[PDB]
Visitor: 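Here it is: the structure, laid out below.
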Amino acid sequence: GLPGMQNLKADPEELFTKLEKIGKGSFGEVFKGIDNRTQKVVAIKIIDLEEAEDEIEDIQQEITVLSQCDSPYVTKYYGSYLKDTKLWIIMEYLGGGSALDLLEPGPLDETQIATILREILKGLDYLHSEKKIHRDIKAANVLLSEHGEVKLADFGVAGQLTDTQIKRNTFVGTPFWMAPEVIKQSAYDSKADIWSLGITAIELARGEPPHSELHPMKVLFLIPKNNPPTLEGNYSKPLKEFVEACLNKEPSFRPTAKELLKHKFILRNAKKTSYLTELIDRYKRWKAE
Ligand SMILES: O=C(Nc1c[nH]nc1-c1nc2cc(CN3CCOCC3)ccc2[nH]1)NC1CC1
Ligand SMILES: [Cl-]
């Protein structure tokens, strides 16, 4: 049974006004929508179930993981509807778009970088405390509200640790951001997210992850065999050390999310999230051209 599944008599085309496409998830297409009862904006993920299966388990898993999260740092899930062969997944709308989108007008400053990383860390701390691993941390999966709030999204490949399953070994993620132990399919846990966080830190600083000019297949041997990436360029030493802390080949040498919240880069540079509205305004003016 799918968590949050609504009465099959309920017609989502009547309950929601479906508007323009705003992106593509690991599964399904995502639209801006209006809740016709409250008039709030929602995000609507639509998946065609007849074209799918072999992905249906994964879709169920994503919804299950979402339904089990209750955090200001994780996109809220409002339920699912079936219309003929299509599943409508109703999600919290984050009007600012992704951190990746917000990078298009130009570089971030280190206050912005620290603030976004701090909020991602709050989300990871929550997830890891719940014995969940995101496994696809990257700037495209970091979403901002219109108020500058920062939340984690796309739990399409998220994993769950139990007391009989202390580690995972599944090959999932986005290659440039994947930890060496995940690529090698060694036993791994929440520390894999910390590595991905390190890559995301470089992405927020430089605009792209390491190896971004290479074919994804090449990083399948490059990441396990090479020394870890470092942040190159004129960035503060605390930021460079934050990145180095995350990007260690030995998972036990990586700090926890909780520990990184106290890292000197974060404490010295992060400010209130409301300031990130400037970043949204910049994007708005930019795409206005
Ligand atoms: O779950 C997702 N998205 C969201 C959940 N809640 N809110 C969103 C969301 N996703 C958003 C994406 C954008 C970017 N625009 C897309 C259309 O072309 C101009 C830029 C802006 C606001 C957005 N809000 N998946 C991402 C789109 C692939
Ligand atoms: Cl740059």
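Residues displayed in chain A correspond, in order, to the PDB entry positions 9-297. Note that ligands are numbered from 1 as they come in the structure, with each ligand's atoms numbered from 1 the same way.
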Visitor: Select, from AT9283, GW5638, ZSTK474, prostaglandin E1, WIN 51711, the drug or drug candidate present at ligand 1.
Guide: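 The answer is AT9283.
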Visitor: What is AT9283 bound to here, taking the chain with most contacts and naming it as UniProt does?
Guide: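 It is bound most extensively to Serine/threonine-protein kinase 24 36 kDa subunit.
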Visitor: Where's the contact between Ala51 and AT9283, heavy-atom distance under 4.0 Å: side chain, backbone, both or neither?
Guide: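 For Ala51, the contact with AT9283 is made by the side chain alone.
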Visitor: May I ask you to list the atoms of AT9283 that are less than 4.0 angstrom from any heavy atom of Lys32?
Guide: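 So the answer, numbered in order with elements, is 28 (C).
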Visitor: Heavy-atom pairs closer than 4.0 Å: do any link AT9283 to the side chain of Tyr291, the backbone, both, or neither?
Guide: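 The side chain, only.
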Visitor: Give yes if a backbone or side-chain nitrogen or oxygen of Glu100 is under 3.5 Å from a nitrogen or oxygen of AT9283, and no if not.
Guide: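 Yes.
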Visitor: With atoms numbered from 1 as shown, which atoms in AT9283 lie under 4.0 angstrom from a non-hydrogen atom of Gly31?
Guide: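 Matching atoms, with element in brackets: 27 (C), 28 (C).
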Visitor: Determine which UniProt-annotated active-site residue of chain A is nearest AT9283 and quote the heavy-atom distance to 1 Å.
Guide: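 Heavy-atom nearest UniProt active-site residue: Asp144, 10 Å.
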Visitor: Considering heavy atoms of the protein only, find what lies nearest to atom 16 (C) of AT9283 and give residue, atom and distance to 0.1 Å.
Guide: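 Answer, as residue, atom name and distance: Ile30 O, 3.0 Å.
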Visitor: Would you mind pulling out the UniProt ATP-binding residues of chain A that have any heavy atom less than 4.0 Å from AT9283?
Guide: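 By heavy atom, within 4.0 Å of AT9283, the UniProt hits are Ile30, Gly31, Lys32, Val38, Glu100, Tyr101, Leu102.
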Visitor: For AT9283, is any non-hydrogen atom under 4.0 Å from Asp109's backbone (N, CA, C, O), its side chain (CB onward), both, or neither?
Guide: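 Side chain only.
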Visitor: Which UniProt domain would you name for the part of chain A holding most residues in contact with AT9283?
Guide: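 The majority map to UniProt domain Protein kinase.
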Visitor: Could you identify the single nearest non-hydrogen protein atom to atom 21 (C) of AT9283 and state the distance to 0.1 Å?
Guide: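 The protein heavy atom lying closest is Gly105 CA, 3.6 Å.
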Visitor: Where's the contact between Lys53 and AT9283, heavy-atom distance under 4.0 Å: side chain, backbone, both or neither?
Guide: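 It is neither part, as no heavy atom is under 4.0 Å.
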Visitor: Any N or O of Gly33 that comes nearer than 3.5 Å to an N or O of AT9283?
Guide: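 Checking AT9283 against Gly33, no N or O pair falls under 3.5 Å apart.
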Visitor: Using a cut-off of 4.0 Å, list the other ligands and ions near AT9283.
Guide: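 Closer than 4.0 Å to AT9283 is nothing else.
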Visitor: Just to be sure I'm reading this right: ignoring hydrogens, which of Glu28, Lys295, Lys84 gets closest to atom 18 (O) of AT9283? Compare them by their nearest heavy atoms.
Guide: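 Among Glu28, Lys295, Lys84, the closest heavy atom to atom 18 (O) of AT9283 comes from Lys295.
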Visitor: Check for me whether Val38 has a heavy atom closer than 4.0 Å to any atom of AT9283.
Guide: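 Heavy atoms of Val38 do come under 4.0 Å of AT9283.
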Visitor: What residue and atom, counting heavy atoms only, is the protein's closest point to atom 24 (N) of AT9283, and at what distance?
Guide: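 For atom 24 (N) of AT9283, the nearest protein heavy atom comes out as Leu102 O, 2.8 Å.
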Visitor: Which of the numbered atoms in AT9283 are under 4.0 angstrom from any heavy atom belonging to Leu151?
Guide: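 Within the 4.0 Å cut-off of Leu151, AT9283 contributes 3 (N), 4 (C), 5 (C), 8 (C).
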Visitor: Which residues of other chains have a non-hydrogen atom closer than 4.0 Å to AT9283?
Guide: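 The heavy-atom contacts are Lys29, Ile30, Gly31, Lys32, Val38, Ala51, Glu100, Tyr101, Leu102, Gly105, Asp109, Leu151, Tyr291, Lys295.
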